[PDB]
Visitor: 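Questions regarding the structure given below will be posed in turn.
Here chain A follows the PDB entry, giving residues 888-1057, 1061-1178 in order. The deposited model was determined using X-ray crystallography, 2.5 Å. Just so you know, ligand 1 is whichever comes first in the structure, and atom 1 is the first atom listed for that ligand. Hydrogens, waters and symmetry mates play no part in the numbers below; they use all other heavy atoms, side chains included.
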Amino acid sequence: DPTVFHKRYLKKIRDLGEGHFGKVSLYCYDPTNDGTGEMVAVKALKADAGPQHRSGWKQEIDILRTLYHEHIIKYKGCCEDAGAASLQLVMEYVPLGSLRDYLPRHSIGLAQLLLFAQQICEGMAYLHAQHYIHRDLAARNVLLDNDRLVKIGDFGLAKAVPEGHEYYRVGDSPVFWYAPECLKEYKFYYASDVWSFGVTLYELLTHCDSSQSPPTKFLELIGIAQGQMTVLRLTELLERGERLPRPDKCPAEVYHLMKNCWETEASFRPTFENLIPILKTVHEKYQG
Ligand SMILES: C[C@@H]1CCN(C(=O)CC#N)C[C@@H]1N(C)c1ncnc2[nH]ccc12
């Protein structure tokens, strides 16, 4: 699947981001040279990269080729880049950008946040239905299309789960979004994405305020006196049962659900399938 965009019609406008070994850029695709052309977000493999990076990139392209859902960024096509000697990944451009760039500048109410949470779970259930783990679920990878719509917008760490396994075995790791089993056993379950969702939910309820972020909060608890032992120390504080605190005006019951996504024991966490009904009921509740 499907379309081939010719780089001769692609006009670079703007850098939108930088993720793993890729950059996402805004282009205008203008065959008729008119300005009528469509704006598209284009992900490319970085200005230098080795065999590990490249084998990953091919996997990312194939995963995003086969995903199709209301709350997953729309895959539009590829672009030969000869170049870097690989393809560029072309997707729809969502101009409001990530929740991480958006929420710190726009006072969004509780009901809308829970709606986004519901929607993130929907996309994640679908993704788990298709047998993938995301491994990088955080507010910076959730795109606000409008208002009443979010999409999961990046798959750079996503992996298929081996058809006869419960997990995938794994640096650039977003460790402050990771469950203990990922930091310790280096295994990544479906339940491990639910932990990350709990942190993303915490991010939303704090409007992604930089001072309240997980790295900031966790490094305040851990201290920076021994950088060598950050992961070790994070794992111990988590296994001790210490958690990220309640965000201001977070309803008691929502922090409860948050904590339940943070069960130390993975099997005690809800699936994304479990969360969809709970979230949409709590969403409904908070409008009226
Ligand atoms: C949040 C989106 C996913 C992560 N982004 C990266 O740059 C990852 C890498 N490398 C940016 C992207 N983003 C700001 C976007 N912004 C606007 N439209 C977009 N369409 C698709 C992505 C996108």
Visitor: Which drug molecule has been modeled at ligand 1?
Guide: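 PDB records call it CP-690,550.
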Visitor: For CP-690,550 (ligand 1), which chain gives the most heavy-atom pairs within 4.5 Å, and what name does UniProt use for it?
Guide: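 The main binding partner here is Non-receptor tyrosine-protein kinase TYK2.
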Visitor: For CP-690,550 (ligand 1), which atoms, with element, lie under 4.0 Å from some heavy atom of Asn1028?
Guide: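 With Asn1028 as reference, the close atoms of CP-690,550 (ligand 1) come out as 4 (C).
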Visitor: Let's see which UniProt active-site residue of chain A is closest to CP-690,550 (ligand 1) - and the heavy-atom distance, to the nearest 1 Å, please.
Guide: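 Heavy-atom nearest UniProt active-site residue: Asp1023, 7 Å.
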Visitor: Which of these, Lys930, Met926, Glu979, has its nearest heavy atom closest to atom 20 (N) of CP-690,550 (ligand 1)?
Guide: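 When every heavy atom of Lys930, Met926, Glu979 is considered, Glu979 comes closest to atom 20 (N) of CP-690,550 (ligand 1).
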Visitor: Which is closest to atom 23 (C) of CP-690,550 (ligand 1) in terms of heavy atoms, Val929, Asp988, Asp902, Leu1030?
Guide: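 Minimum heavy-atom distance to atom 23 (C) of CP-690,550 (ligand 1) goes to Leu1030.
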Visitor: May I ask you to list the atoms of CP-690,550 (ligand 1) that are less than 4.0 angstrom from any heavy atom of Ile960?
Guide: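 Selected atoms, number and element: 20 (N), 21 (C).
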Visitor: Quick check: what organism does the entry name for chain A?
Guide: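 The PDB gives the source of chain A as Homo sapiens.
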Visitor: Which UniProt domain of chain A has the most residues touching CP-690,550 (ligand 1)?
Guide: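 Most contacts sit in UniProt domain Protein kinase 2.
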Visitor: Write out the binding site of CP-690,550 (ligand 1) as chain and residue number, heavy atoms closer than 4.0 Å.
Guide: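 Heavy atoms under 4.0 Å: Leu903, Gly904, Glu905, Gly906, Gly909, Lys910, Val911, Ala928, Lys930, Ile960, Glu979, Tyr980, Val981, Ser985, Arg1027, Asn1028, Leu1030, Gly1040, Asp1041.
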